[PDB]
Amino acid sequence: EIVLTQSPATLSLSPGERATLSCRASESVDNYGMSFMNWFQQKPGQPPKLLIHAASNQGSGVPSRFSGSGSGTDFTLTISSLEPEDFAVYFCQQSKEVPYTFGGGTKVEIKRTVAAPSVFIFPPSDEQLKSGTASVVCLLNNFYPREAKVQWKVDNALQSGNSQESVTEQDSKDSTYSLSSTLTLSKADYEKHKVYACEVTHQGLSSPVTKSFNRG
Amino acid sequence: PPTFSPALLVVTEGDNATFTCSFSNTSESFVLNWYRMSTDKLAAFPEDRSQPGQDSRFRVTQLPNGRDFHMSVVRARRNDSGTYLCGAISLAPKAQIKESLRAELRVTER
Amino acid sequence: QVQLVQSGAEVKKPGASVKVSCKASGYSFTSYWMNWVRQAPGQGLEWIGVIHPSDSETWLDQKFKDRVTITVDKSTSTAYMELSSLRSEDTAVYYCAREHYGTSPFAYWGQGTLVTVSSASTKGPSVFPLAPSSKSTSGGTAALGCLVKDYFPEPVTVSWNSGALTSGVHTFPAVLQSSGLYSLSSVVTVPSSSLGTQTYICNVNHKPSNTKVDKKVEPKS
């Protein structure tokens, strides 16, 4: 199979800027004087839409700003002036051979100034504890860029495998992200230690932020 | 496979030359390419994306009976003399070509 | 206009089979290859196989050769994809896609069919407060919320104060717990000066189980 490698994983740009996306193939896409490389745009909840085929030709109704180039094993999708409706995930895909294969995607996201997260910690409710489980929630509110690290420490022991994270899509008004980290323990395990702490690392924070509480 | 006619076309420098590629298509998904043997793609139908400041002497057009295509060269040159063919590109499902028999173009002085 | 309209979302137990429809219209059905592709949640795209409806010539990706059957019914211009011995990892959106421009297998796409493979039973959530506290304040702003825990299948909807508060609300995507049940939180930031006089209630609805829960969220004494 022909493996497609897209880069970069993410592009952070402003409307009006040029976006240049790369797709590298593990072997040549070309045959018969043509290049067998296709490009798609995909938004949340929707199927992909074809922008480019035979890896400079346009699909129907695709705006002029979308162009494809390259040959052999190296291809490029260019959006010469970004519009707000262009922030999407973009995929390349080859049709020279079956199986037909796709790259992993490049997310084109909205650039804005750095925003540190506001960090909040929530102890488990008394009602949940009565049911035999303790969920501890750590909220990282309204930050940019997306990269963030949340670590749970219980009586200063680093936790692993007992938490799950969820992230919102870029906010439509301020282009921030928000994230929740939920630490789940049985009530019996929860009552075995005193201090529950959430440690947040983000480039907008000169020092990581620790939020904590004493059980009980 | 498509047919490509006439097998021999002789024109004078500066003239136009037109071959006919007949291809019975089962669908609109095909690309019909015009090639010259060293194969080098000269033109396609549907035409490839246009680029400003880039003009071509080679064109492929579809005739109204839908089967026939004209492969036209304008302002023919001596070094255009050579071997040509058309091929239909489609999915096999893999990318596939069906080549016509070859035809010859000869461009003579005057 | 070329249109590909798929059948609706399905919830299936492991070991079961699912047969997805794609109804084609606006073109001559038997003249174009019809492909099937799937995408796992937050995941990239995987080709399953292809069929030419004129003679039902079929090519399958090796990964699916022994669980997938692709067929067509010419009389209704409908293509089908049947996936057997379903596993958790088959939870995905399944798409049909039609070729065009003689090299592009994927040029027109159906709207997708979500197939969720799970042993879980339909169950409404428990709703717990995320209390505003001295550990939930920043400046003149406080955060509070509701933890919507242990329900299946998706979705739940969350509103605040019966729709009267939408500013500053973040309702997170659900996560699938190792138990097989989903969980999510909905949070909102408000002025901390309001914490003593403003009532804050999250309104949770899960339609599959006919569960409606209104949970008041207040600072804890």
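In the text below, chain A, chain B and the rest are named by the order of the sequence lines, each starting its count at 1. All values below come from the heavy atoms of this structure, side chains included, with hydrogens, waters and symmetry mates left out.
The PDB lists the drug found at chains A and C under the name retifanlimab.
Taking the chain with most contacts, the partner of retifanlimab (chains A and C) here is, per UniProt, Programmed cell death protein 1. A heavy-atom cut-off of 4.5 Å gives the epitope of retifanlimab (chains A and C) on chain B as B/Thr26, B/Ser27, B/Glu28, B/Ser29, B/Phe30, B/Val31, B/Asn33, B/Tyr35, B/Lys41, B/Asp48, B/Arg49, B/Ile89, B/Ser90, B/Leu91, B/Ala92, B/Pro93, B/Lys94, B/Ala95, B/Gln96, B/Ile97. The residues of antibody retifanlimab (chains A and C) that come within 4.5 Å of chain B by heavy-atom distance are A/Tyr32, A/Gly33, A/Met34, A/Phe36, A/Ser56, A/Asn57, A/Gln58, A/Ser64, A/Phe66, A/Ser67, A/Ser95, A/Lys96, A/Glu97, A/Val98, A/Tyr100, C/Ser31, C/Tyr32, C/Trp33, C/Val50, C/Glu57, C/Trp59, C/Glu99, C/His100, C/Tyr101, C/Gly102, C/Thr103, C/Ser104, C/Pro105.
Most of the interface of chain B with retifanlimab (chains A and C) sits in UniProt domain Ig-like V-type.
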